[PDB]
Enquirer: 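Consider the structure of sterol 14a-demethylase with VT-1161 bound.
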Amino acid sequence: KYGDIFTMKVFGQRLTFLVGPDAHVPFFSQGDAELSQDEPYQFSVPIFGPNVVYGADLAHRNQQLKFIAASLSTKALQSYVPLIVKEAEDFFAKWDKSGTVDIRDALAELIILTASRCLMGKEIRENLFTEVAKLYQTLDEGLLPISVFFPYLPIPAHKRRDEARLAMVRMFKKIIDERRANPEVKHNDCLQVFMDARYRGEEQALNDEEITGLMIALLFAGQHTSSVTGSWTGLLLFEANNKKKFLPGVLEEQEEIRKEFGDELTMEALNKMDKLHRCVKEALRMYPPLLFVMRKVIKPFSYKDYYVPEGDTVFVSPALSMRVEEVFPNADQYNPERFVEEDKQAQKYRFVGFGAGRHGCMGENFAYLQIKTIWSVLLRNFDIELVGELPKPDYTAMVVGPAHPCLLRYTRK
Ligand code: HEM
Ligand SMILES: O[C@@](Cn1cnnn1)(c1ccc(F)cc1F)C(F)(F)c1ccc(-c2ccc(OCC(F)(F)F)cc2)cn1
């Protein structure tokens, strides 16, 4: 079991898989001239919309990615964290003195609530949430297996998808027009950043399609990644064995933070929760939400004496790569504290839950803050137990989440 590169031919296409840190090197270390995202990620274009992300040419795409990075910078996150905390506290306040919850359903709800606020702004959060959630659900239901091959197939799900997108644009057109009418009012959200964004060489702001598309993209990200890793984080920690070993260190750490900082959850406090961080990271190691990341090969390369020609699609599976024993001792065991030592390793591309290199996750820090917020609030206010077996990965959506039901029992402290 030290195969680390192999090829299928399927549908007349050569798929080449790269497993483990050495094989990863040609995937992550190269750039846009050598590897292309366009063709593998076609499926996303009619979801986010035309001329947005993988539907834009490189020139525009590279600038859109800089806008996104700005919207999720450290500075921006400082101002979002209060919002993220409030939403979480309001949400879990609604909970009874004890009961049972599907954690996956719950965190999907909370994360899309929070995202609507930070991404899309107060107006939408407070006036139009239900409309936005419904429109998103429709978008998401137009992502079928067939859609990765034929995105613009005129089947019903695709029609409703396209209609839902256009509706979403119309909704934001109103908010944007109102904001341009009153442009001296500052707003704390990604929308503001996208409204102030300008392409270079041009007095051109993004139109409403592009702005809406960038926000669909980021909403999609949170629902497809953060919400699942957020669920696993708890499912894994509050399994009886894992709970025994690891929860003490976590609860201790929360109390040490409260003594230095107080009851208030802040950027600085969350940034100190190392043991909780590693719990999230280990859930991510074991059940990464993205099955594959992919590129079309433009410039051929060899790894060992294995030749990968132009026109190949190369794949990395974070799931596979991070179950390799040579890299991760007891690969199939839950051990958060592996990352004390693992984090000190010099060799690149061992952990690839957030990808790496030029196109690594720009939302990593946001994800950690969102997920640590959730579990900080939960840990501080409840005693929690896993109901039954640890769920198995469910591969039906275009996302690998824990299979329903994902039940936790809670009792208030
Ligand atoms: C724990 C949750 C998350 C995981 C596991 C995750 C994972 C990843 C991975 C593996 C990539 C690389 C994709 C590729 O190479 O093609 C990526 C890219 C990206 N992620 Fe995330 N992500 C997460 C959360 C987020 C969040 C919350 C956002 C923002 C809303 C976000 C925004 C992005 C963006 C914009 C990229 C594009 C990188 C590029 O093409 O340059 N992610 N993410
Ligand atoms: O990488 C994403 C997802 N993401 C990244 N971070 N959080 N979510 C992405 C990238 C940039 C964004 F702005 C928003 C995004 F959501 C993405 F571009 F849409 C994306 C890329 C690849 C996949 C993907 C994952 C697994 C797949 O399985 C392969 C198979 F379907 F079997 F053929 C197929 C596709 C999903 N989303």
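We number chain A the way the PDB entry does; in order, the residues shown are 74-486. Indexing begins at 1, ligand by ligand and atom by atom, following the structure's order. The deposited model was determined using X-ray crystallography, 2.3 Å.
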Enquirer: Enumerate the ligands or chains belonging to VT-1161, duplicates included.
Expert: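 You'll find it at ligand 2.
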Enquirer: Can you list, by chain and number, the residues with heavy atoms within 4.0 Å of VT-1161?
Expert: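 Within 4.0 Å (heavy atoms), the residues are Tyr114, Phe116, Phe121, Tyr127, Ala290, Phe293, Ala294, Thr298, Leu363, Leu364, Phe365, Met367, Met471.
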Enquirer: Starting from atom 2 (C) of VT-1161, which protein heavy atom do you reach first, and at what distance in Å?
Expert: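 For atom 2 (C) of VT-1161, the nearest protein heavy atom is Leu363 CD1, 4.9 Å.
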Enquirer: Any protein heavy atom under 4.0 Å from atom 26 (C) of VT-1161?
Expert: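 So atom 26 (C) of VT-1161 has protein heavy-atom neighbours under 4.0 Å.
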Enquirer: Looking only at protein heavy atoms, which one is nearest to atom 7 (N) of VT-1161, and how far off is it?
Expert: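 Here the closest protein heavy atom is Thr298 CG2, 3.2 Å.
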Enquirer: Students should be able to answer this: which protein heavy-atom is nearest to atom 37 (N) of VT-1161, and at what distance?
Expert: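 Of every protein heavy atom, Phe116 CZ, 3.7 Å lies nearest to atom 37 (N) of VT-1161.
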Enquirer: Would you mind listing which atoms of VT-1161 come within a distance below 4.0 Å of any non-hydrogen atom of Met471?
Expert: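 This gives 31 (F) as the contact atoms.
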Enquirer: Among all protein heavy atoms, pick out the one at the shortest distance from atom 22 (C) of VT-1161; state its residue, atom name and that distance to 0.1 Å.
Expert: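 Looking only at protein heavy atoms, the one closest to atom 22 (C) of VT-1161 is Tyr114 CE2, 3.4 Å.
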Enquirer: Which atoms of VT-1161 sit under 4.0 Å from any heavy atom of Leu364?
Expert: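 Contacts of VT-1161 toward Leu364, numbered from 1: 26 (C).
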Enquirer: Among protein heavy atoms, which sits nearest to atom 16 (F) of VT-1161, and what does the distance come to when rounded to 0.1 Å?
Expert: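 Ranking protein heavy atoms by distance from atom 16 (F) of VT-1161, first comes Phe293 CD2, 3.2 Å.
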Enquirer: To the nearest 0.1 Å, how far is atom 34 (C) of VT-1161 from its closest protein heavy atom, and which atom is that?
Expert: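 Going atom by atom, the protein heavy atom closest to atom 34 (C) of VT-1161 ends up being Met367 CE, 3.5 Å.
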Enquirer: Nearest protein heavy atom to atom 30 (C) of VT-1161, by residue and atom, and its distance?
Expert: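 Here the closest protein heavy atom is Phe365 CD1, 4.3 Å.
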Enquirer: So which heavy atom in the protein is nearest atom 18 (F) of VT-1161, and how far is it from that ligand atom?
Expert: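 Minimum-distance protein heavy atom for atom 18 (F) of VT-1161 reads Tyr127 CE1, 3.3 Å.
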